[PDB]
Amino acid sequence: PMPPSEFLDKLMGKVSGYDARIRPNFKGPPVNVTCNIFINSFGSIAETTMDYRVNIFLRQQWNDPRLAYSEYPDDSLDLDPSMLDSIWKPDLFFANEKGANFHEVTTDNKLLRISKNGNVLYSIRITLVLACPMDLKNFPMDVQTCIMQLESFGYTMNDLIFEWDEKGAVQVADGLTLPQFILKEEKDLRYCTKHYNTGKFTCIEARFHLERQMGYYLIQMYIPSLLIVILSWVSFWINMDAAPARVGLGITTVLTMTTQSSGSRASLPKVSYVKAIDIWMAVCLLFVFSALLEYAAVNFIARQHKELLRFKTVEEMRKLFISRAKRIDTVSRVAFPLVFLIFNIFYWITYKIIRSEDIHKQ
Amino acid sequence: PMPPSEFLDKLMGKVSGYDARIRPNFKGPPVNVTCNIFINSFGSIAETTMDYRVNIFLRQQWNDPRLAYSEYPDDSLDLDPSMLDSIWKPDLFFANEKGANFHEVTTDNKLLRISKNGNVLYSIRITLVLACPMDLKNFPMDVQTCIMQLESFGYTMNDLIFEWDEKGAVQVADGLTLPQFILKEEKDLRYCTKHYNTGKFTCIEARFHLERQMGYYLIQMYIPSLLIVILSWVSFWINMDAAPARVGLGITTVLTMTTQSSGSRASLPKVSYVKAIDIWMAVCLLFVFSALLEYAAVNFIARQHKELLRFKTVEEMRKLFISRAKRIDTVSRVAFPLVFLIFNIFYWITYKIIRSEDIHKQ
Amino acid sequence: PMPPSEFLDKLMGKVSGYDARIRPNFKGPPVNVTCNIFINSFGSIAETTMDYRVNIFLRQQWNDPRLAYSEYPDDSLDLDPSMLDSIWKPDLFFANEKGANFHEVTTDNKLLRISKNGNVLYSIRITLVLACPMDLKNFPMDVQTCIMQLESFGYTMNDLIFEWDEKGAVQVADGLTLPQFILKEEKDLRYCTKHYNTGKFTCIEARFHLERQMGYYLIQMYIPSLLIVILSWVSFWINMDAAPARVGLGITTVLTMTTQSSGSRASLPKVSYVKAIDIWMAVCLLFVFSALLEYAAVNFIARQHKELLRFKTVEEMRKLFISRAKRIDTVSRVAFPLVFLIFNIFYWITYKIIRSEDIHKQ
Amino acid sequence: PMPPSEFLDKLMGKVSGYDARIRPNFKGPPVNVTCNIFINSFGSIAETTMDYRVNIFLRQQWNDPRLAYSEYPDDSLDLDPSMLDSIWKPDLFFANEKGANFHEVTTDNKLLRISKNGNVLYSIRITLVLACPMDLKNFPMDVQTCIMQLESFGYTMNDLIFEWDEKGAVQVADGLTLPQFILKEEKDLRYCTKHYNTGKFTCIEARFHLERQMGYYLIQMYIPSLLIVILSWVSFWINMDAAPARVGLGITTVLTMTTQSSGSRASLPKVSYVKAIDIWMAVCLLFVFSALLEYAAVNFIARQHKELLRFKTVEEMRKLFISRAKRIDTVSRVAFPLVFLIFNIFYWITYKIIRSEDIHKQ
Amino acid sequence: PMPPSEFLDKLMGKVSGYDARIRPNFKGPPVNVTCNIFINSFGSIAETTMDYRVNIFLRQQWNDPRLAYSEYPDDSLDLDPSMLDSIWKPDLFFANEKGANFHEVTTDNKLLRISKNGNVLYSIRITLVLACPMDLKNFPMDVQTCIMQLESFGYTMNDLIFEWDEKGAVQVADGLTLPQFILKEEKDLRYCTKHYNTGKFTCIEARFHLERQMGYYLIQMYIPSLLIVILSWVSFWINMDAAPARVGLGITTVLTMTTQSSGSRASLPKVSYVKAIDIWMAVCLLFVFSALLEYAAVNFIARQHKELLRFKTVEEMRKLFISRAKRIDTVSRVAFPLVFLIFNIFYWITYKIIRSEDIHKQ
Ligand SMILES: CC[C@H](C)[C@H]1O[C@]2(CC[C@@H]1C)C[C@@H]1C[C@@H](C/C=C(\C)[C@@H](O[C@H]3C[C@H](OC)[C@@H](O[C@H]4C[C@H](OC)[C@@H](O)[C@H](C)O4)[C@H](C)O3)[C@@H](C)/C=C\C=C3\CO[C@@H]4[C@H](O)C(C)=C[C@@H](C(=O)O1)[C@]34O)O2
Ligand SMILES: CC[C@H](C)[C@H]1O[C@]2(CC[C@@H]1C)C[C@@H]1C[C@@H](C/C=C(\C)[C@@H](O[C@H]3C[C@H](OC)[C@@H](O[C@H]4C[C@H](OC)[C@@H](O)[C@H](C)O4)[C@H](C)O3)[C@@H](C)/C=C\C=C3\CO[C@@H]4[C@H](O)C(C)=C[C@@H](C(=O)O1)[C@]34O)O2
Ligand SMILES: CC[C@H](C)[C@H]1O[C@]2(CC[C@@H]1C)C[C@@H]1C[C@@H](C/C=C(\C)[C@@H](O[C@H]3C[C@H](OC)[C@@H](O[C@H]4C[C@H](OC)[C@@H](O)[C@H](C)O4)[C@H](C)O3)[C@@H](C)/C=C\C=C3\CO[C@@H]4[C@H](O)C(C)=C[C@@H](C(=O)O1)[C@]34O)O2
């Protein structure tokens with residue numbers, strides 16, 4: 001029978017001794033805050049500035065003794081979010097972030113629900129440009145581990161304690177997909193406490209293990225390099241007397257291998273360690289460069305042939321240099337793709353075992 | 001005869017028991033909100049970040065019993081938008097969005113119209129960077145379906161219910177055109193209700209079917225690839241003894257095919273499935289590569305010819321290798337464009353039937 | 001003798017019955033608002049997102065009967081812009097716009113001047129990213145018509161009427177120049193009234209006719225294409241037996257024509273109609289491709305010559321094929337630039353007459 | 001002995017008749033405002049959108065008679081910047097600007113100092129994206145004159161007059177350097193008064209003469225063009241019978257000259273007048289194109305030689321065509337670099353005299 | 001026993017004489033402020049606009065006598081950051097900065113802790129786009145010294161004095177790494193006082209010495225240039241009669257050296273001094289150009305050979321020109337890589353000693 005306006009100005013009134021600046025149960029045990037997040041959107045992962053953009057529904061549960069009411073019989077009592085000025089919302093800030101803008105569209109995207117015993121549910125929707133450091137030791141295949149840290153500002157560990165939720169940890173939205181990565185099902189909850197000269201502060205963090213998909217990099221980078229190496233193999237069947245043809249074919253394959261290697265590393269930060277694509281493009285470039293060196297040795301042997309022919313064992317030395325120049329081409333035509341196939345299976349199995357070692361060590 | 005200032009401070013006065021924080025007909029049936037949007041601008045569709053930018057006139061109709069007035073005889077009573085602080089505007093937020101900024105130019109772009117029985121018309125102009133996931137299984141021709149979701153924050157399904165309008169659904173502005181797409185005439189209205197641990201929330205969505213126009217991609221991508229394949233066909237008429245000419249022509253056609261294929265995929269996200277342009281550029285690249293292989297086989301047969309000529313059935317084996325080297329060119333000159341025409345009609349009709357299957361399944 | 005503070009709190013005081021929420025002469029004829037704009041900056045015209053950025057001094061003149069004062073003898077009475085909260089500024093918003101931010105530097109850039117009879121002068125400085133659709137049927141030469149629409153939000157045609165000024169229409173700043181376009185001297189004032197389900201709203205618009213300057217596109221695009229076609233003509237004087245030279249020259253001219261055509265269309269939206277540069281680059285590419293086809297026919301005739309010479313009317317058939325192979329080069333050397341000159345004068349005069357037809361039809 | 005709180009609420013109190021909306025010495029002579037700016041940062045000069053970014057310390061000095069105090073004996077009395085709401089700051093706005101955001105970091109970056117007789121010192125730190133039109137008649141060497149205009153909004157010339165400072169004009173920070181330009185020591189102070197239909201408004205402007213440094217453009221653009229022309233000269237020493245070598249060398253030098261000319265104009269607005277780099281790249285391209293034409297004439301004369309040799313004064317006509325084909329190469333080998341050196345010294349001295357004429361006319 | 005609300009409204013109440021506009025110990029000695037910063041994130045260093053982005057925890061310690069309390073026995077008394085409106089926070093602003101936005105996510109990221117004797121701890125989290133000028137005299141290896149200046153606005157040296165902290169200077173976060181640079185362990189604390197016409201202002205600065213990592217530039221820039229020079233060395237073994245082969249190989253190596261040199265300088269400001277990569281690419285380009293000149297001299301000597309052979313000491317002059325043309329190739333094949341190795345060791349040791357001289361002079 002009681003009207004709701006006096007009831008919802010009674011608990012936050014200045015005739016009441018609420019004092020929203022003062023934390024609950026002052027001069028006592030620390031407040032325990034339970035947090036669960038809901039990943040609404042995850043994406044826009046950029047490697048060159050090492051950050052990613054999430055959309056989260058940050059839900060914070062804490063108990064306030066002064067907010068308890070015994071008049072109304074309903075337990076939930078969902079409230080309007082405009083009177084969220086004097087409730088004592090806890091301070092929370094993300095340790096590694098940029099941006100972090102609120103959503104003010106059509107209303108402030110906020111949820112306030114005060115239970116009968118004093119439990120408060122506080123939900124806010126925020127997009128954060130979270131910055132995570134990434135390791136690029138293996139660029140085509142890798143398991144990145146993005147770190148999201150939630151800690152407090154201005155309340156030490158003896159006054160405010162942040163804890164993860166027990167029923168579930170992180171709720172991902174159904175149907176959420178990433179175009180370049182695959183989000184793993186398990187998520188780590190390791191809370192570490194940062195120490196500062198001012199004091200220690202409560203901090204909880206969650207880790208997402210991101211598997212990079214290998215379907216795009218196989219089409220864009222691995223197959224055109226094989227096309228270039230196969231073309232340099234095609235140069236072996238051409239006639240050895242046709243010098244501009246073989247020289248031009250080999251030179252253009254080396255040039256396009258260099259430009260392809262320079263263009264695949266363009267969308268990457270300037271890291272100072274050797275990656276896997278470096279190894280792949282280096283061995284492919286070495287293969288086309290060795291093909292050009294093989295033709296240069298063949299044409300040098302033919303040069304020695306032509307100088308000793310035109311100005312005495314001349315016939316059998318002509319035979320020896322033509323037979324040797326034919327033997328080099330005949331053994332190269334078999335030896336080049338076989339050693340390339342050996343390198344391919346060795347590289348692929350060692351990266352398969354180091355990828356499985358990364359997924360086993362985690 | 002009554003002056004308007006007391007009348008428009010009477011209904012929102014604190015001597016009145018309006019209480020704009022409290023929802024209308026509290027502790028009763030849920031409020032029913034009818035929404036229709038007016039697409040003022042639609043465009044700026046970017047594939048690489050998978051989002052689009054709309055300009056909408058969001059109109060929300062709901063009934064308030066406390067707002068009803070019986071003194072004035074006029075039914076419409078358009079009001080000034082500055083007193084839109086205490087009216088109980090409903091909470092609405094878009095589920096998949098970025099940005100969503102209001103228009104504050106020369107006034108707040110808002111409309112408030114309170115009917116005599118209590119019906120409230122609330123119109124706001126907002127630009128939203130709506131994020132939609134897109135499928136790129138067929139890149140030149142495709143029918144994208146952009147999804148716009150409108151749901152509530154902080155009021156469950158038992159308290160707030162969102163419904164679409166019956167007289168029309170989505171009003172598009174007259175004369176509105178898209179440079180890259182064609183907006184279909186019908187629009188789906190399927191409302192789905194999202195479930196969360198806190199509770200269930202009302203949500204309505206509208207789907208726009210966007211037909212990608214095929215006029216630009218025919219000029220930019222399909223015809224230069226045909227030019228490259230026709231040039232590789234031109235290489236068959238050149239003399240077989242002119243080895244640097246045919247080798248250089250074929251090598252530059254393969255190189256420019258590779259760079260054209262790498263440059264057409266630049267304005268696209270790094271997806272991990274095979275698209276239609278992948279198939280097209282792959283078959284065209286295979287055609288120019290097979291032309292280079294055909295010349296390599298011709299010059300290998302001529303090599304065998306020259307070695308057996310210069311160091312016995314020599315005349316008729318010279319005839320056999322010259323006749324075979326002529327026969328390969330003569331059959332290739334006919335066989336290459338005919339099999340290319342066969343591939344063209346097969347690819348085009350299978351993509352026509354899969355495009356019509358996409359437009360029939362919807 | 002009267003001090004100014006009471007006089008300027010008398011007309012906007014709450015002891016006065018001003019009521020700035022209520023429009024002037026309520027329940028009567030509509031308010032007539034006269035608007036003239038002053039183009040302070042115009043520029044930053046981008047084709048790929050189809051919008052332009054103006055800086056305008058929006059001046060709005062309307063009459064308020066309650067604001068009239070008879071105490072002071074001065075007629076102008078320029079006022080301070082801080083008390084522009086309760087004056088009843090009219091609602092105005094641009095129909096096709098993005099951005100539209102106010103200038104808050106060192107003060108709010110505003111002007112308020114209330115005349116003695118009640119005339120109010122309201123000037124504000126705003127930069128608007130106005131979005132205009134453009135037609136690219138002729139890309140090098142074209143006359144774009146940018147549309148600026150000013151309409152009201154929340155006041156129908158019976159309550160608010162917008163009208164253009166009679167003394168002048170749009171004042172452009174002296175010395176204002178555009179690097180890529182030429183602003184015409186006349187400007188259209190056609191007011192059209194938009195109709196919506198809620199009601200009809202007053203709207204006035206102004207059109208600027210922008211002539212695209214042809215000096216840059218002649219240097220960047222038209223002359224290098226002529227350089228490529230002249231180089232392909234140079235290929236006719238080279239010896240026909242030198243096959244790698246003529247083949248390589250023609251192939252590199254075709255390749256660079258393709259890359260030049262692909263690079264000139266890069267700073268343009270993905271439109272689906274044929275433009276004028278498409279026609280120009282297509283005919284130039286056809287010319288260099290026909291030159292390569294002419295050399296392929298010459299070397300095919302020489303191939304027939306060489307096969308019938310080396311394995312009977314042999315001398316006179318050698319004469320016939322050498323004379324025909326010389327005659328093809330001799331007639332091509334004259335016929336190629338003459339038909340190119342004919343195409344040039346036809347293309348140029350038809351685009352001159354369609355440009356003058358566009359400027360005559362307007 | 002007087003406490004400071006009553007003294008600093010006495011002069012701005014509503015029990016005082018200060019009335020900060022009303023300008024000082026109302027209904028009298030115009031207020032005289034003295035302005036000096038301090039260039040803290042100058043840079044980020046972009047040619048393609050024709051604007052530059054400054055950081056200025058805007059100091060405004062004006063006298064207020066009502067602010068005068070005779071109680072305290074100190075003359076300076078530096079005040080706190082939070083009570084800068086009611087002081088009657090003068091209206092000032094920059095005529096050609098974008099952005100112009102204030103600095104709100106750790107405090108509002110403001111200075112307020114009220115002298116004993118009524119002199120007010122008002123300093124604010126602002127970064128402005130000032131837009132200046134630039135002339136690109138000579139692109140490598142040029143003296144740009146950036147214009148910064150400071151005028152008033154809403155107060156005419158009879159009420160507000162802006163004047164420059166007498167002790168110094170513009171203070172540049174010590175150690176301030178520009179990477180691409182050199183700031184001259186003198187600065188022009190020409191005040192021009194803008195006239196509008198509403199009235200005339202006071203305006204003062206300052207001009208900075210910016211000398212473009214020529215060290216970068218000599219390395220990036222002038223020397224690689226000389227490398228290309230020297231390579232085309234190297235083509236003269238190669239054997240005339242080696243036709244693919246000389247043809248390929250000349251064709252690749254023409255192609256790379258075209259791409260170098262197209263790439264140096266990329267970071268520039270689309271202006272419609274001929275610049276100096278246009279002239280330089282045009283003459284260098286003409287030189288490499290004439291070298292290709294010279295080889296085409298040599299090989300045409302050799303063609304006439306070969307046709308009259310193989311199907312009578314044959315020996316002496318063979319002599320005449322070989323001697324003439326040798327004489328063309330021998331005279332070209334001397335004549336090409338000498339005429340290039342003549343063009344170089346003529347171009348360089350005429351641009352030196354037109355640069356000195358620009359610096360003498362100013 | 002005293003409740004906290006009256007105690008925390010007593011010290012900031014208007015019944016108290018706090019007067020937060022007035023600085024502490026007015027008309028006396030200057031306030032001494034001790035500042036220590038905590039580098040939370042450091043990165044996003046861009047060379048082309050010469051600025052870097054930090055995340056700092058700015059801690060300011062100063063003593064206020066009026067804030068002292070003797071009632072409560074606790075010494076720390078951490079307070080809520082909402083009542084940081086009237087505390088007299090000191091004015092602080094960074095001298096060389098852009099941006100500098102506060103963090104408003106979930107709360108204002110602020111810390112307020114008032115000690116018992118009057119010591120105030122004020123911590124704020126800010127991201128600043130700090131602009132630092134950089135010297136690019138040696139581009140691959142260099143030690144940049146970023147300067148962060150903290151000074152006051154509106155309080156002179158006699159009223160406000162800024163001092164660095166004694167216990168530590170700058171705290172870097174543990175685990176913080178930079179992808180392109182290495183942050184040195186020591187940091188300079190040199191405070192310089194800026195002088196202005198208005199007065200002198202306190203300023204303290206901190207310098208970070210940044211070592212540029214050399215691992216990326218060795219892979220991206222130094223090794224492909226060696227590949228190009230090694231390929232030009234490979235051109236010496238090819239047959240001298242094969243003129244199109246050697247000419248084409250040398251010409252394409254010169255062309256790709258030019259494009260590689262133009263592409264490595266793309267991500268750099270337009271500086272006007274010679275860098276180290278300029279010297280490296282210039283010597284490598286000189287090496288490939290000299291190889292092309294060596295082949296041109298060889299083919300000129302062979303031209304003289306062919307003209308004196310075909311139209312008398314003819315046999316021994318044929319011997320002299322063939323022996324000399326062989327001797328040039330034989331001495332070049334040894335002399336080119338040896339002088340390249342000499343240049344490599346000289347360049348590397350002189351840059352090692354100038355890098356160590358830069359790290360010794362600091
Ligand atoms: C025919 C292909 C072979 C390879 C020929 O190619 C070349 C020379 C000769 C070869 C045999 C190549 C090609 C053009 C042709 C010349 C043909 C014409 C001048 C035009 O084409 C026709 C055909 C076209 O329908 C395939 C048809 O479009 C319709 C489609 C739509 O209605 C269904 C509608 O929207 C509208 C009505 O228009 C239209 C009648 O125009 C010319 C306009 C084609 C565009 C040229 C393009 C310009 O930039 C492109 C690209 O940057 C590349 C690098 C160079 C050009 C090129 O590639 O040049 C290019 O692609 O010469
Ligand atoms: C003539 C064409 C053939 C192909 C010739 O081309 C080449 C060499 C010889 C060939 C026979 C090619 C060309 C230049 C010429 C040399 C000609 C001159 C030096 C200049 O040209 C004249 C002609 C021009 O009117 C067509 C005329 O403009 C007027 C137009 C307007 O009044 C109506 C007005 O705005 C103003 C008065 O100026 C003007 C008198 O200047 C030279 C300045 C031309 C520009 C050169 C350009 C620089 O970058 C361009 C591009 O990056 C490309 C890659 C290289 C250059 C080129 O392409 O070089 C380039 O295009 O040599
Ligand atoms: C040796 C030079 C000649 C020219 C050879 O070049 C080519 C083939 C054969 C020529 C004789 C060229 C070159 C690679 C070699 C093959 C050599 C190996 C595969 C690798 O190299 C070694 C040498 C390198 O120390 C110079 C050394 O790095 C250390 C430095 C640091 O410790 C001090 C530390 O960070 C870490 C330990 O790693 C390391 C052992 O790896 C290969 C990984 C080199 C990188 C290849 C690059 C990939 O993209 C680049 C570029 O896009 C270009 C276009 C193609 C590649 C290339 O240029 O290919 C490229 O540059 O083949």
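In the text below, chain A, chain B and the rest are named by the order of the sequence lines, each starting its count at 1. For ligands, and for the atoms within them, numbers begin at 1 and follow the listed sequence.
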| ligand 3: macromolecule with most heavy-atom contacts, named per the PDB entry | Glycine receptor subunit alphaZ1
| Name of the drug or drug candidate at ligand 3? | ivermectin
| Going by heavy atoms only, which other chains approach ivermectin (ligand 3) to less than 4.0 Å? | A, E
| said: Mind listing the residues near ivermectin (ligand 3)? I'm using heavy atoms under 4.0 Å. | reply: A:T258, A:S261, A:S262, A:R265, A:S272, A:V274, A:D278, A:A282, A:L285, E:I219, E:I223, E:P224, E:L227, E:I230
| Looking at heavy atoms only, which transmembrane segments of chain A, numbered from the N terminus per UniProt, come under 4.0 Å from ivermectin (ligand 3)? | 2, 3
| task | Identify which residues UniProt lists as binding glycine in chain A have a non-hydrogen atom closer than 4.0 Å to ivermectin (ligand 3). | result | none
| field | Species of chain A according to the entry | value | Danio rerio
